[PDB]
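Below, a PDB structure including nitrofurazone.
Throughout, a chain's letter reflects where its sequence line sits, starting with A, and its residues are numbered from 1. Recorded method for this deposit: X-ray crystallography, 1.7 Å. Both counts, for ligands and for their atoms, begin at 1 and track the order of listing.
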Amino acid sequence: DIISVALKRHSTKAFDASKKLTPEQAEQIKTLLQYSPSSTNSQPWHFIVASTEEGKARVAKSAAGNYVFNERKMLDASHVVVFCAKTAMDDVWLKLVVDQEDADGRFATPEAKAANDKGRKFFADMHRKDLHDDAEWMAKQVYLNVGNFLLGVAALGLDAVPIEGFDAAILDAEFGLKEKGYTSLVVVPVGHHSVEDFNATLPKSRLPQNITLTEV
Amino acid sequence: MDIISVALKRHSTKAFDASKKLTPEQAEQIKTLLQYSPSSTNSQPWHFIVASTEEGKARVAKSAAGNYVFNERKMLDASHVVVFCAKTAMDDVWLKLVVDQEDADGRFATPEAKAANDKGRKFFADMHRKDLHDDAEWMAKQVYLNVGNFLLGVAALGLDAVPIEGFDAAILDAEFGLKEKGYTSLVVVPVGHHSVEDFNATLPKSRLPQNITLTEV
Ligand SMILES: Cc1cc2nc3c(=O)[nH]c(=O)nc-3n(C[C@H](O)[C@H](O)[C@H](O)COP(=O)(O)O)c2cc1C
Ligand SMILES: Cc1cc2nc3c(=O)[nH]c(=O)nc-3n(C[C@H](O)[C@H](O)[C@H](O)COP(=O)(O)O)c2cc1C
Ligand SMILES: NC(=O)N/N=C/c1ccc([N+](=O)[O-])o1
Ligand SMILES: NC(=O)N/N=C/c1ccc([N+](=O)[O-])o1
């Protein structure tokens with residue numbers, strides 16, 4: 001079941017470059033990215049899915065300097081997902097989200113739509129006008145998406161590794177993200193592990209629940 | 001179902017049936033999901049409060065105050081309610097705890113492997129706690145990743161849930177003495193079975209189209 005998946009998945013340290021996702025799997029990973037929940041359904045994100053050699057090479061430019069030992073993961077995997085967050089929460093995006101919810105038939109009346117918009121703005125304004133942490137708030141939603149994604153891809157029988165060891169300034173510049181209103185946060189190569197993936201057979205290790213978990 | 005079915009079917013439950021409890025097996029399963037989430041460097045910079053008694057849930061629900069009152073019943077009515085907390089600072093005792101646990105579990109072939117893993121972990125941790133002074137946000141991001149893993153996992157178990165940011169973290173922290181223990185509350189997730197008042201159970205899901213959010217290269 002899903003608990004078996006959670007207990008058996010791992011962060012892949014080396015990919016077999018001959019092993020590709022099926023077209024079906026490639027569509028399934030896009031669906032996972034799209035259907036993640038987020039605060040107010042704000043979906044404050046953009047994904048770059050690199051599957052060509054040229055595309056993956058562009059992403060791998062970010063595995064520079066002290067991050068060079070992540071480069072092969074980006075090159076050898078089948079599909080490499082760059083998770084990006086918006087850099088500021090703007091009204092046009094808030095309108096885009098509520099209009100999409102309306103198109104999907106979530107509102108019975110104009111009043112219901114207006115109440116949803118008002119509630120979304122309560123949370124958005126708390127972050128972007130009061131706390132001034134909307135960049136962080138949106139980034140947190142993207143990390144939530146990554147968590148959904150890693151479990152989902154494992155459940156599809158695919159290997160992956162989440163990567164923070166990359167140069168986001170290089171990756172942003174490579175895809176012109178800043179000027180488009182986004183910034184790169186996590187890179188996740190997806191594919192099938194190779195024999196060089198020493199982590200595939202190592203035991204999982206987590207802190208005991210008697211440290212991390214209180215029942216009340 | 002496959003996992004894509006779960007992703008397409010799950011929803012944020014707006015009202016729970018307080019008579020429908022998790023089985024003992026399910027209660028163990030949700031704790032496993034919390035524990036086994038990945039995180040940057042396996043830093044696991046988190047604490048979970050799992051409230052299953054009516055007394056415990058009532059206390060968590062004290063945080064649904066003021067502008068957050070319309071999340072109160074979700075917290076009272078679900079079988080189990082999980083409070084996801086992050087560490088407020090990444091200290092060296094914790095970094096040692098994590099590498100010592102990895103060693104106990106058998107991840108290192110030699111003392112040199114263990115040292116190299118420790119060195120690599122500190123490379124990342126020090127970038128945040130020393131260069132950028134943003135380790136609190138870095139750790140909070142790992143907690144959000146855990147929440148994403150959790151919501152999909154509990155849905156795949158056939159359980160309803162809702163992630164909640166609409167709560168007063170000052171009240172919740174004080175209620176469980178979190179700050180003085182070195183933690184702060186970020187997300188509350190009631191888990192159980194929806195009630196007849198869950199208007200969201202039958203509404204269509206809505207997401208932005210991929211032509212807006214997704215570029216293939
Ligand atoms: C946000 C995030 C960033 C990570 N960055 C890297 C990375 O740059 N390179 C790498 O090899 N592993 C990376 N990892 C993998 C972690 O070390 C791994 O998740 C952790 O040790 C737990 O092991 P598991 O993923 O096999 O369960 C990262 C994980 C997360 C969650
Ligand atoms: C971090 C986070 C916090 C949220 N906070 C609340 C909340 O306080 N109350 C609530 O009813 N729903 C909350 N939601 C639910 C979102 O509105 C919901 O995830 C989004 O509309 C997408 O719908 P779905 O979860 O049904 O797919 C939150 C979701 C996330 C991810
Ligand atoms: N943040 C969200 O996604 N949605 N929040 C919904 C609600 C409903 C009641 C409250 N509340 O804060 O009382 O937040
Ligand atoms: N951040 C992590 O969890 N683990 N990182 C592992 C590695 C391995 C190589 C690199 N790197 O940055 O080149 O990071």
- Query: Every copy considered, what are the ligand or chain positions of nitrofurazone?
  - Reply: ligands 3 and 4
- Item | Name in the PDB entry of chain in most contact with nitrofurazone (ligand 4) | Oxygen-insensitive NAD(P)H nitroreductase
- Which neighbouring chains have any non-hydrogen atom closer than 4.0 Å to nitrofurazone (ligand 4)? A, B
- Would you say nitrofurazone (ligand 4) has an N or O under 3.5 Å from any N or O of A/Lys13? no
- Should you measure from each heavy atom of A/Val68, which atoms of nitrofurazone (ligand 4) turn up under 4.0 Å away? 13 (O)
- Task: Can you sort out which atoms of nitrofurazone (ligand 4) are near A/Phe69, meaning under 4.0 Å from one of its heavy atoms?
- Result: 9 (C), 13 (O)
- Of all the atoms in nitrofurazone (ligand 4), which lie at a distance below 4.0 Å from a heavy atom belonging to A/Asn66? 11 (N), 12 (O), 13 (O)
- Contact (N/O only, under 3.5 Å) between B/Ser39 and nitrofurazone (ligand 4): no
- Message: Tell me the protein heavy atom at minimum distance from atom 7 (C) of nitrofurazone (ligand 4), and give that distance in Å.
- Response: A/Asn70 OD1, 3.9 Å
- Which residues carry both labels: UniProt FMN-binding in chain A, and heavy atom within 4.0 Å of nitrofurazone (ligand 4)? A/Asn70, A/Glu164, A/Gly165
- Message: Any nitrogen or oxygen of B/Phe124, side chain or backbone, less than 3.5 Å from one on nitrofurazone (ligand 4)?
- Response: no
- Task: Could you find the nearest protein heavy atom to atom 3 (O) of nitrofurazone (ligand 4) and give me its residue, atom name and distance?
- Result: B/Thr41 N, 2.7 Å
- Message: Would you mind pulling out the UniProt NAD(+)-binding residues of chain A that have any heavy atom less than 4.0 Å from nitrofurazone (ligand 4)?
- Response: A/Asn70, A/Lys73
- So which protein heavy atom does atom 1 (N) of nitrofurazone (ligand 4) come closest to, and at what separation? A/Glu164 OE2, 2.9 Å
- Any N or O of A/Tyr67 that comes nearer than 3.5 Å to an N or O of nitrofurazone (ligand 4)? yes
- Identify the binding-site residues of nitrofurazone (ligand 4) using a heavy-atom cut-off of 4.0 Å. A/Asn66, A/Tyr67, A/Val68, A/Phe69, A/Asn70, A/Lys73, A/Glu164, A/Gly165, B/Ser40, B/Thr41, B/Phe124
